[PDB]
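Quick look at a structure containing salbutamol.
Residue numbers start at 1 and run along the sequence shown. Below, each value reflects all heavy atoms present in this structure, side chains not excepted, and no hydrogens, waters or symmetry copies. Counting starts at 1 for both ligands and their atoms, following the listed order.
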Amino acid sequence: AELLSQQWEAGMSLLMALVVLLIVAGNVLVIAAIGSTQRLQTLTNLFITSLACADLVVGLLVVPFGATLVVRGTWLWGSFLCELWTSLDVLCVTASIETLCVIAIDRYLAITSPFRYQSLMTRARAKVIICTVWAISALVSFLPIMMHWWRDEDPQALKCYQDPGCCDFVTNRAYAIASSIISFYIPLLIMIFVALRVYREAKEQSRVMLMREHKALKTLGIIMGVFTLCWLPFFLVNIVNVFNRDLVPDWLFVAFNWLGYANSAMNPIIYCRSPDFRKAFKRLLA
Ligand SMILES: CC(C)CCC[C@@H](C)[C@H]1CC[C@H]2[C@@H]3CC=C4C[C@@H](OC(=O)CCC(=O)O)CC[C@]4(C)[C@H]3CC[C@]12C
Ligand SMILES: CC(C)CCC[C@@H](C)[C@H]1CC[C@H]2[C@@H]3CC=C4C[C@@H](OC(=O)CCC(=O)O)CC[C@]4(C)[C@H]3CC[C@]12C
Ligand SMILES: CCCCCCCCCC(=O)N(CCO)C[C@@H](O)[C@@H](O)[C@@H](O)[C@@H](O)CO
Ligand SMILES: CCCCCCCCCC(=O)N(CCO)C[C@@H](O)[C@@H](O)[C@@H](O)[C@@H](O)CO
Ligand SMILES: CCCCCCCCCC(=O)N(CCO)C[C@@H](O)[C@@H](O)[C@@H](O)[C@@H](O)CO
Ligand SMILES: CC(C)(C)NC[C@H](O)c1ccc(O)c(CO)c1
Ligand code: NA
């Protein structure tokens, strides 16, 4: 009884601390490696840094908070922090997929208009892109949440909003679909379309130089495909719930959300296909 709890509490607190550590280590590495290598300060990696910041925010803030909830069984941090926690969660996924769109666009341009691309893309402009992405993302995630557009009238819903120990995120059907379409599905579709255009013009192509490039593009390809596998199952279930809560077991809907959080750990590992990243990872770790 009370032993079964202690075992679970402490073993979970461990797995959580491990994930926290892996995300936070992995992404600090990426930021520092780009931060301390002129070789690796390309325009494209500015977008990678932005992406790794998003994952960093999942490691320091999203996952710790969510861990305390999973381990201890309730929300211990009050109303305001619960909403702000939810905000940051939605914020991160949105910035992540929007940054992936920028990256696929950056690559499409650089590959079919290398001349137009050169005279257009500068450092001051890649900064503007990155902030515009974070602004759009914060707009679409904070405001509806802090304005309670996500709330429902249900008895269950109000049971939970009054209770300070509840941080369930029970939303209405409108917010569920709007949020999914605006935060995930639309950028997901843009990023697919632009990723297959990029793959067309990739095949339709000094040989050593082109192999090294296509290695980098596949890396980016993997980045995207894995982000899509980690999140697509959750946003599919998010939708289907609105029409039928009986079609998918609750535990799996929770699982799928964690799979999402887990994606924050994967990019630094995947960037180990790069010799340049790998040399900077070792040099840094001292
Ligand atoms: C409290 C929550 C909402 C988190 C707040 C996150 C933002 C304030 C962070 C996340 C991504 C960051 C950006 C990620 C990458 C860059 C690239 C970087 O480009 C450079 O001009 C210097 C890099 C170089 O040339 O070596 C400047 C900071 C900037 C715009 C960062 C500005 C601040 C951002 C938008
Ligand atoms: C809210 C959801 C439904 C929209 C998801 C779309 C975004 C992932 C992408 C699509 C096109 C992208 C835009 C493509 C081009 C630009 C111009 C870009 O470059 C500059 O403005 C620099 C020029 C300067 O120096 O002033 C700023 C970001 C922005 C709006 C990008 C922001 C992110 C956008 C809107
Ligand atoms: C959750 C994130 C949400 C971001 C919050 C919105 C802020 C809007 C962006 C912004 O304030 N800037 C654009 C950022 O590019 C200002 C910068 O231009 C600033 O640094 C300037 O003072 C100098 O560039 C000029 O000397
Ligand atoms: C970018 C995110 C944008 C989401 C914005 C959607 C806001 C829609 C407003 C809304 O739907 N409600 C008001 C909340 O402001 C709640 C109602 O849906 C609900 O309370 C009842 O009418 C139920 O009985 C369902 O029919
Ligand atoms: C509210 C009750 C929720 C209780 C269940 C919480 C599950 C904890 C989530 C977690 O950390 N993982 C399970 C994820 O389902 C492990 C992941 O790190 C794992 O998926 C990845 O390591 C691999 O997929 C890739 O190597
Ligand atoms: C329920 C909990 C843990 C806050 N998950 C939120 C989930 O990660 C999520 C992320 C992004 C989104 O756009 C939505 C929209 O329903 C939900
Ligand atoms: Na509550």
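To find every copy of salbutamol, look at ligand 6. In this structure the chain with most contacts to salbutamol is the one UniProt names Beta-1 adrenergic receptor.
This PDB entry assigns chain A to the organism Meleagris gallopavo. Apart from salbutamol, no ligands or ions have atoms under 4.0 Å away.
Counting UniProt's transmembrane segments of chain A from the N terminus, heavy atoms under 4.0 Å from salbutamol lie in 3, 5, 6, 7. In chain A, salbutamol lies within 4.0 Å of these UniProt cyanopindolol-binding residues, judged by heavy atoms: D89, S179, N257. Residues contacting salbutamol within 4.0 Å (heavy-atom distance) are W85, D89, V90, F169, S179, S183, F234, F235, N238, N257, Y261.
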